[PDB]
Amino acid sequence: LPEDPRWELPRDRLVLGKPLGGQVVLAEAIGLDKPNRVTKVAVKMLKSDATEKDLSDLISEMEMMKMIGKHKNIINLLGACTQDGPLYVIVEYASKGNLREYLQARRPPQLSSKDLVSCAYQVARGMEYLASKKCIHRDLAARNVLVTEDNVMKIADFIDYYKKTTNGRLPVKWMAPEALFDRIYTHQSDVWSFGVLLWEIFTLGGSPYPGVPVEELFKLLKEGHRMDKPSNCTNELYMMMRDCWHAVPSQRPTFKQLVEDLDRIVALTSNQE
Ligand SMILES: Cc1ccc(C(=O)Nc2ccc(CN3CCN(C)CC3)c(C(F)(F)F)c2)cc1C#Cc1cnc2cccnn12
């Protein structure tokens, strides 16, 4: 592994902490920039039984993050430890966890309608930036959105159709029909995923199609079935979800259009309830 001086951080500057979920740990970086300050960071490293391909996957992930560049609404690369020891990929720390967890914790036994629209605007803004960088996410969902201490949404990324997430959810439930059935991945298939993410925001971390297995989901998709309008969701925001879920990919709005519409909606959405 060659030392990249734009990103390299000496090992003696990284104080490894508690695991966050290869494997991700919380850590403290001494002098990432003054040199006398600690910055809380998240570090990705390989698990004890990692393969040669697991290592090559972490390298390529790091190399891609280097090319994407900085944005307020994406989890940004901060550094790396590549010399004389295991590969550490260092990113910004998001203290309020993933957006699914963030939302569920703030359900009534708090977030206004304007905060929820702002959440959707921020994710759309991060997606617009990734698209401008010629990137396709493939796994956009609230679990892949991180929330910082200051409530900033940051897009992140942590195949068998039957494999479930830790929470017991099926990732096929976020996939556009053409991505699922024809293996065609585009910004248009990501916009379909963003529609499922809007539904997740407005149900405050609700699970899409609960109890629906893969074979039954395929049937719902073939029939042109669409998820119901969440409670406390405007007609305009439900039409946005439905447009994101257009059967014809060219007819779906783009992230650029979604940012413009969400920007306008945020400004007209009240923070009084
Ligand atoms: C350590 C770490 C390493 C890497 C990444 C990461 O997100 N990598 C990433 C890889 C690829 C892509 C884009 N591609 C998608 C695939 N696609 C096919 C090509 C384009 C992106 C993206 F943001 F751009 F989307 C990100 C996140 C973390 C974290 C963390 C962290 C911070 N706070 C907390 C709090 C709790 C838990 N974790 N945590």
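Following the PDB entry, chain A shows residues 465-485, 490-501, 504-579, 594-642, 651-765, kept in their order. Start at 1 and go down the list; that is how both ligands and their atoms are numbered. According to its header, this structure was worked out by X-ray crystallography, 2.3 Å.
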**OP:** Look up the drug at ligand 1 and give its PDB name.
**Re:**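 PDB records name it ponatinib.
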**OP:** List the residues forming the binding site of ponatinib, heavy atoms under 4.0 Å.
**Re:** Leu484, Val492, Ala512, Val513, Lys514, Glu531, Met534, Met535, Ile538, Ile545, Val561, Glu562, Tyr563, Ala564, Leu614, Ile620, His621, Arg622, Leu630, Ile639, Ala640, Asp641, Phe642
Subject >> Residue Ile639 vicinity, atoms of ponatinib by number, heavy atom under 4.0 Å >> reply: 23 (F), 25 (F)
**OP:** Check ponatinib against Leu614 and write out every atom of the ligand that is under 4.0 Å from a heavy-atom position of the residue.
**Re:**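 Those of ponatinib that fall under 4.0 Å from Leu614 are 24 (F), 25 (F).
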Original post:
Should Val561 be counted as touching ponatinib, given the test is an N or O pair under 3.5 Å?
Top reply: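 Min N/O separation from ponatinib is not below 3.5 Å for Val561.
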Original post:
Has ponatinib got any nitrogen or oxygen that is less than 3.5 angstrom from a nitrogen or oxygen of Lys514?
Top reply: no
**OP:** May I ask you to list the atoms of ponatinib that are less than 4.0 angstrom from any heavy atom of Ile545?
**Re:** 6 (C), 7 (O), 27 (C)
Subject >> Per-atom contacts of ponatinib with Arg622, taking only distances under 4.0 Å to non-hydrogen atoms >> reply: 18 (C)
Subject >> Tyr563 neighbourhood, listing ponatinib atoms whose heavy-atom distance to it stays under 4.0 Å >> reply: 32 (C), 33 (N)
**OP:** Please report which non-hydrogen protein atom sits nearest to atom 34 (C) of ponatinib, along with the residue it belongs to and the distance in Å to one decimal place.
**Re:**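 For atom 34 (C) of ponatinib, the nearest protein heavy atom comes out as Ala564 O, 3.7 Å.
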Subject >> atom 4 (C) of ponatinib: nearest protein contact (heavy atom, Å) >> reply: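 In this structure, atom 4 (C) of ponatinib has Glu531 OE2, 3.1 Å as its nearest protein heavy atom.
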Original post:
What atoms of ponatinib come closer than 4.0 angstrom to any heavy atom of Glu562?
Top reply: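 That gives atoms 32 (C), 33 (N) of ponatinib.
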Subject >> Identity and distance of the protein heavy atom lying nearest atom 39 (N) of ponatinib >> reply: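 It is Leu630 CD1, 3.8 Å.
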**OP:** For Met534, take its heavy atoms, then give the atoms of ponatinib lying under 4.0 Å from any of them.
**Re:** 19 (C), 20 (C)
Subject >> Heavy atom of the protein closest to atom 21 (C) of ponatinib (residue, atom name, distance) >> reply: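 Ranked first by proximity to atom 21 (C) of ponatinib is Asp641 CB, 4.1 Å.
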Original post:
With atoms numbered from 1 as shown, which atoms in ponatinib lie under 4.0 angstrom from a non-hydrogen atom of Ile620?
Top reply: 17 (N), 18 (C), 19 (C), 20 (C)
Original post:
How close does the nearest protein non-hydrogen atom get to atom 37 (C) of ponatinib, and which residue and atom is it?
Top reply: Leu484 CB, 3.7 Å
